[PDB]
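A look at one PDB structure holding fondaparinux.
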Amino acid sequence: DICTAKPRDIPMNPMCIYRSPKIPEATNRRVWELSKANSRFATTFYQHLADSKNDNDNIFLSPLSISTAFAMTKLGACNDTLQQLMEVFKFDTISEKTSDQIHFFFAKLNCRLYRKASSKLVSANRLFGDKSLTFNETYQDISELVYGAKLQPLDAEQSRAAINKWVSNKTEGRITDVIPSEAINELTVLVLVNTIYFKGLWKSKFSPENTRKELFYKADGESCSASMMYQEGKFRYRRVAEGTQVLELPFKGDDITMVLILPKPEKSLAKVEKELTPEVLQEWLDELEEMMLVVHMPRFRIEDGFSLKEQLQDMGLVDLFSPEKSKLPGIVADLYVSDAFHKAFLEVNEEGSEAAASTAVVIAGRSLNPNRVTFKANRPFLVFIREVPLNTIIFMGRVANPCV
Amino acid sequence: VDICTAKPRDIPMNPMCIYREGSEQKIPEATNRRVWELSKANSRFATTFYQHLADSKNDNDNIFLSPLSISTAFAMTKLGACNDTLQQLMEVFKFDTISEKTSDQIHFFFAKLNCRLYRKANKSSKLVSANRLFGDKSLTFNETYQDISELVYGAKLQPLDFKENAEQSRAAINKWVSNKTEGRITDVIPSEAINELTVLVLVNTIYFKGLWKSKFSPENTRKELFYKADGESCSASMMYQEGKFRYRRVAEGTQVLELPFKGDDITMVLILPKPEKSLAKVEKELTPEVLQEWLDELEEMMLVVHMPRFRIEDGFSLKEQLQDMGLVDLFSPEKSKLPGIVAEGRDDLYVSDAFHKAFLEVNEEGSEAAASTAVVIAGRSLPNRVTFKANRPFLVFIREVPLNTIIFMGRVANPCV
Ligand SMILES: CO[C@H]1O[C@H](COS(=O)(=O)O)[C@@H](O[C@@H]2O[C@@H](C(=O)O)[C@@H](O[C@H]3O[C@H](COS(=O)(=O)O)[C@@H](O[C@@H]4O[C@H](C(=O)O)[C@@H](O[C@H]5O[C@H](COS(=O)(=O)O)[C@@H](O)[C@H](O)[C@H]5NS(=O)(=O)O)[C@H](O)[C@H]4O)[C@H](OS(=O)(=O)O)[C@H]3NS(=O)(=O)O)[C@H](O)[C@H]2OS(=O)(=O)O)[C@H](O)[C@H]1NS(=O)(=O)O
Ligand SMILES: CO[C@H]1O[C@H](COS(=O)(=O)O)[C@@H](O[C@@H]2O[C@@H](C(=O)O)[C@@H](O[C@H]3O[C@H](COS(=O)(=O)O)[C@@H](O[C@@H]4O[C@H](C(=O)O)[C@@H](O[C@H]5O[C@H](COS(=O)(=O)O)[C@@H](O)[C@H](O)[C@H]5NS(=O)(=O)O)[C@H](O)[C@H]4O)[C@H](OS(=O)(=O)O)[C@H]3NS(=O)(=O)O)[C@H](O)[C@H]2OS(=O)(=O)O)[C@H](O)[C@H]1NS(=O)(=O)O
Ligand SMILES: *[C@@H]1O[C@H](CO)[C@@H](O[C@@H]2O[C@H](CO)[C@@H](O[C@@H]3O[C@H](CO[C@H]4O[C@H](CO)[C@@H](O)[C@H](O)[C@@H]4O)[C@@H](O)[C@H](O[C@H]4O[C@H](CO)[C@@H](O)[C@H](O)[C@@H]4O)[C@@H]3O)[C@H](O)[C@H]2NC(C)=O)[C@H](O)[C@H]1NC(C)=O
Ligand SMILES: *[C@@H]1O[C@H](CO)[C@@H](O[C@@H]2O[C@H](CO)[C@@H](O)[C@H](O)[C@H]2NC(C)=O)[C@H](O)[C@H]1NC(C)=O
Ligand SMILES: *[C@@H]1O[C@H](CO)[C@@H](O[C@@H]2O[C@H](CO)[C@@H](O)[C@H](O)[C@H]2NC(C)=O)[C@H](O)[C@H]1NC(C)=O
Ligand SMILES: *[C@@H]1O[C@H](CO)[C@@H](O)[C@H](O)[C@H]1NC(C)=O
Ligand SMILES: *[C@@H]1O[C@H](CO)[C@@H](O)[C@H](O)[C@H]1NC(C)=O
C-alpha cells in the first residue's frame with residue numbers, strides 16, 4: 001500500500017545516490033517540496049518544447065507524468081548519467097531524504113492528486129525491456145510497488161503490438177498506436193512509455209444551445225471557423241501585468257481546475273511563453289478575484305505524441321541516450337535508453353473534459369451590467385490543469401489552432 | 001343537492017335567457033370530455049386576454065393574474081345576463097367554441113370543473129376557492145338567482161348597507177377577500193368605486209401554496225446584481241439546483257421548463273426565450289395548442305436550474321381590456337341587460353366596473369400565490385397602478401396537470417427581492 005504506508009515499512013533505496021556539492025493544511029512536508037520542484041521543471045521544459053515548435057502547432061503534455069517516468073530510471077542510474085538526470089529534472093533542488101526516496105514520494109504525490117475523487121484521471125505507464133537481459137528482482141518490486149508495475153520484458157514488432165495494444169487495454173481505445181512503426185529495431189534496447197489524459201465535468205457547465213460559429217485568428221495571419229462556446233457567470237479572473245488576461249474555470253469538486261492565459265492582441269503568445277517562471281505563475285494565480293463576466297471559448301481536441309529524446313538531450317540529458325556513456329546497473333541484475341515516448345489527449349466542450357453527455361442549463365432572472373468584462377479567446381492562449389489546494393501542474397499545453 | 005356528484009338531469013338549472021372536424025382530441029385517463037373542453041375554452045380566453053394586457057404595457061413591466069378566477073367571476077355574472085349582453089359574454093369568454101351540450105350548461109360543468117380542481121387532497125399542496133355575492137340591504141333579489149348562485153358556485157348573498165354607507169361596506173368586502181387569501185390580497189376594490197347607487201358586487205377568490213417536489217437548498221443560494229433598462233441596478237437572490245426535470249428546447253431556441261409541486265397534480269412552467277431574441281415574439285405566438293404541444297413534448301432530463309427567490313403583485317381594472325375584445329353592452333347604463341338578479345327595487349343595472357389583483361411568491365421551500373376578481377354593479381365608473389420598468393423577463397405558469405388548467409400566468413421582469 002502506498003496511499004498511507006511509510007518508508008520505514010518498505011526499505012526501497014537506490015543502488016547509487018547523489019550529492020550536489022506557506023505550508024498547507026494536512027500536507028506531507030516532503031510531497032509538497034517534491035511538488036514545487038516539478039512545477040519549476042514543467043515551466044522550463046515547456047519553454048524548450050514551445051521554442052522548437054512552429055507557432056501554429058498545438059501542444060499538450062503532463063509534465064508531472066514525464067518527471068515521474070524519468071524519476072524511475074534515476075533509481076538504477078549512476079555517475080554522469082545520474083548527475084545529468086538529477087540536474088535536469090530539478091531533482092537536486094530538494095532535501096536529501098526526499099531525493100533518495102524520490103520515486104516513493106512521487107507515488108505518494110500521485111495517490112493524492114488521484115484521491116481527487118468524481119471526475120476520473122486515467123493513466124498508462126510502463127517500462128519495456130528486452131528479454132535477453134535479466135533485471136533486478138528488487139528494482140522490479142519497488143517498481144510494481146511504486147510505479148504501478150514492473151518493467152515488462154519483450155524482445156520483434158508484435159512488440160509494437162504488445163505496447164500500443166497494452167495501452168489500448170488501459171486507455172480503452174482513448175490512447176492507441178503510441179509508438180510509430182519505426183522506433184524498434186536491431187537496437188531496441190530499453191524504452192519508456194508514458195501516456196495520460198483527463199476525464200472531468202465543469203463545475204459550471206456551458207449550454208450547447210448557445211454555441212455560435214465565430215472566427216479564430218491563427219499565428220500566420222489567416223483566420224478560420226471555430227465552435228465558440230458561451231456562458232454568463234461568476235469566475236476567478238484577473239487582468240495581470242501588461243494586459244495578459246488570466247481566467248480560471250474549475251471542474252466539479254473544486255480541487256482541479258483549468259487556468260487559461262490569453263495575451264493581448266498585440267503581444268504574441270510566444271512572448272508570454274518566454275516569461276513563464278514559477279514565481280510569476282503563482283503570483284498571477286494570487287491576484288485572481290471573483291466577478292461576473294461573460295466567457296467565450298472555442299472547443300478543441302488535442303492529441304500530442306512525441307519523443308522526449310531530441311528535446312531532453314538538447315537540454316543536457318545526453319548520457320542516458322548513449323550506448324557508450326550510459327549507466328543503469330540498477331535494473332540489470334551495460335544497458336542504455338533508446339527512446340522515451342509521451343502521449344496526452346485532451347478534449348473539451350460544453351460539459352467538460354472527455355465528458356460526453358447532453359445537459360441543459362436554464363437561468364432565469366439574470367441581467368448582467370452592459371459595462372461587463374468578456375473573455376473572448378479568439379486567438380492563441382495557453383492552458384493549465386492544476387490541482388488545488390496543492391497547486392500541482394498536471395497538464396500544461398497550448399491551443400494555437402482549434403479549427404479543422 | 002350535491003353538484004359534485006349530480007347530473008344535468010337531477011338538478012336542472014334554469015336561468016332566464018338561453019342562446020346559440022377540427023376539435024382534435026388529446027384527452028387523458030379519468031377525464032370527462034366536457035370538463036376538459038370547458039377548461040380548454042377557458043384557456044383560450046386566458047391567452048387572448050394576456051396578449052391584450054401585455055400589448056398595453058411597456059415590455060419591461062410585470063404581469064400577473066388568475067385567468068381562471070376572472071372567468072369564474074363573469075360566468076357567475078352571466079346568470080343574470082340576457083340578450084346582446086349575453087352573446088358578447090359567451091363569445092368574449094370563448095364559450096361559444098364548444099359543443100351544444102356544454103355551450104348550453106357552462107355552469108354545471110364549471111361546477112364539476114371546480115369540483116376536480118378543488119377536491120381536498122395532497123395536504124402538502126393546498127388549493128382552494130371562495131365565492132360570495134354582495135347585495136344592498138334593501139332589495140328583493142330574484143329567489144332563483146340566489147339559488148343557482150349558491151348551488152353551482154357556492155356563493156351566498158350577504159347584505160350590506162350600500163345606499164347610505166358605501167365605504168363601511170367597501171371595507172367589508174375587501175376584508176372578506178383578505179381572509180380568503182391568507183392576507184395576501186387586500187383592497188381589491190379601489191376607493192370610491194362603490195357609491196350609494198351600487199346594487200350588487202360579485203367576488204371570487206383563489207388561493208395556493210405548495211412545496212417543491214424537489215426542493216432547492218438555501219445553502220447554495222447567492223445574491224447577484226440586476227441591471228434594469230433605466231440604468232439602475234438592484235439585488236437578486238438567485239437559486240440553484242441540479243436534477244431531473246421535464247425540459248424542451250422548443251423552436252426559435254426557446255426553452256420551456258417545468259417544476260412540479262408535491263403531488264404532481266400541479267406544476268409551474270417557466271418559459272425563457274433565446275438569450276438575444278424577442279420575448280414579445282413568443283407572447284404573440286401563444287395559444288392553447290402551442291402550450292399543449294410544447295408540454296406534451298417535454299422529455300425528462302438532467303439539467304441545472306438558476307431561478308430567483310422573488311415576489312410580485314398586479315392590480316388593475318379589467319374594463320378597458322374586455323371592451324377591446326368585444327364586451328360592450330355590459331358596461332353601458334343603456335345597452336346593459338341583467339334582468340335576472342333583482343326582483344323589485346331597482347331599474348335595470350349595468351357594470352360600473354370590475355377589478356382584479358394577484359400575488360406570487362417563490363423559493364427553496366416552494367411557492368404561494370393568490371388572486372381575486374370583483375364585479376361591481378351600478379357604482380362609480382373609474383385608473384392606473386404600479387408601473388415599474390425592469391429588464392430581461394421570462395414567462396411563468398401554474399397549472400393543474402390532469403387537464404391543463406391555467407390557474408395563474410404572467411411575466412416576471414424584476415426578480416430583485
Ligand atoms: C540528513 O538527515 C536526513 O536523513 C535522516 C534519516 O533518513 S532516513 O530515514 O533515510 O534514515 C532524516 O531523519 C529521518 O526523517 C524524519 C523526517 O522525515 O522528519 C523521520 O521521518 C519519519 O517520521 C516523520 C515525522 O513523523 S511524525 O510522527 O513526527 O509526524 C514523518 O514525517 C511526517 O509524515 C507524515 C505522513 O507521511 O503522513 C506527514 O503527514 C502530513 O501529511 C499528511 C498527508 O500527506 S500527503 O502526502 O500530503 O497526502 C497529512 O495526512 C498529515 O495530517 C500531515 N501532518 S501535519 O502535521 O502536517 O498535519 C507529516 O507532515 C510529516 O512530518 C516521515 O514520514 S515521511 O512520509 O515523510 O517519510 C517518517 N518517515 S519514516 O522514517 O519512514 O517513518 C525519521 O524518523 C528520521 O529518522 S531519524 O533517524 O529519526 O532521523 C533527516 O530528516 C534527513 N534530513 S534531510 O534529508 O536533509 O531533510
Ligand atoms: C345535440 O346533441 C347534444 O345534446 C345531446 C343531449 O344533451 S342534453 O343532455 O342537454 O339533452 C347529448 O346527448 C346526451 O349527452 C350524452 C353525453 O354526455 O355524451 C349523455 O350524457 C349522459 O351519459 C354520459 C355517458 O355516460 S356513461 O355511462 O357512458 O359513462 C355521461 O358522460 C360521462 O360522464 C362521466 C362522469 O361525469 O362521471 C364521465 O366520467 C369520466 O370522467 C370522470 C371525472 O370527471 S372529471 O370532471 O374530469 O373529474 C371520471 O370519474 C370517470 O372515470 C370518467 N369516465 S371513464 O370511463 O373515462 O373512467 C364520462 O367520461 C362521461 O362519458 C353524462 O354525464 S355528463 O356529466 O357528461 O352529463 C350523462 N349526462 S346525463 O344526460 O344526465 O345522463 C346523455 O345520455 C345524452 O343524451 S342521450 O339522449 O342519451 O343521447 C349529445 O351528446 C350532444 N352532442 S354534443 O353537444 O355535440 O356533444
Ligand atoms: C377574518 O377571520 C378572523 C378570524 O379568523 C375574524 O376575526 C375573528 O373575530 C371574532 C369576533 O370578532 C373573534 O372572536 C372573539 O374572541 C374573543 C376572545 O378571543 C381572544 O382572546 C385571547 C386574546 O388574548 C386569545 O386567546 C384569542 O385567540 C383571541 O385573541 C371573545 O371574547 C369574543 O366573544 C365575545 O366578545 C364580545 C363580548 O363582550 C361580543 O362583542 C362578541 O359578540 C362575543 O360575545 C369573540 O368571540 C376572533 O378572535 C377573531 N379572529 C382572531 C382569532 O383574530 C374576522 O372577523 C374575519 N374577517 C371578516 C370580518 O370577515
Ligand atoms: C485488459 O486486461 C485486463 C487484465 O487485467 C482485463 O480485465 C479483466 O476483464 C474481464 C472481462 O473481460 C473482467 O471479468 C475482469 O474482472 C478484468 N480484470 C481481471 C484482473 O481479469 C481486460 O479485459 C483487458 N482488456 C480490456 C480492454 O478490458
Ligand atoms: C326571477 O327569474 C325567474 C326566471 O329565472 C322568473 O320566473 C320564471 O322563471 C321561468 C324559468 O326560467 C321562466 O320561464 C318564466 O318566464 C319566469 N316567469 C314566470 C313566473 O313565468 C321570475 O319572474 C324572476 N323574478 C322576478 C320577480 O322578476
Ligand atoms: C561513475 O561514478 C561512480 C561513483 O558513483 C564510480 O564508482 C564509477 O567508476 C564511475 N564510472 C562509471 C562508468 O561507473
Ligand atoms: C331580449 O331577449 C328575449 C329573449 O331572451 C326577447 O324575447 C326580447 O324581445 C329581447 N329584448 C330586446 C332587448 O330586444
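Quick note on labels: first sequence line is chain A, next is B, and so on, each numbered from 1. Note that ligands are numbered from 1 as they come in the structure, with each ligand's atoms numbered from 1 the same way. If you check the header, you will see the structure was determined by X-ray crystallography, 3.0 Å. These numbers come from the heavy atoms of this one structure, side chains and all, not from hydrogens, waters or symmetry mates.
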Fondaparinux: ligands or chains: ligands 1 and 2
Name in the PDB entry of chain in most contact with fondaparinux (ligand 2): Antithrombin-III
4.0 Å heavy-atom contacts of fondaparinux (ligand 2) by chain: B
Residues near fondaparinux (ligand 2), heavy-atom distance under 4.0 Å: B:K7, B:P8, B:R9, B:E29, B:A30, B:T31, B:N32, B:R34, B:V35, B:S99, B:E100, B:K101, B:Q105, B:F108, B:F109, B:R116
Chain B organism per PDB: Homo sapiens
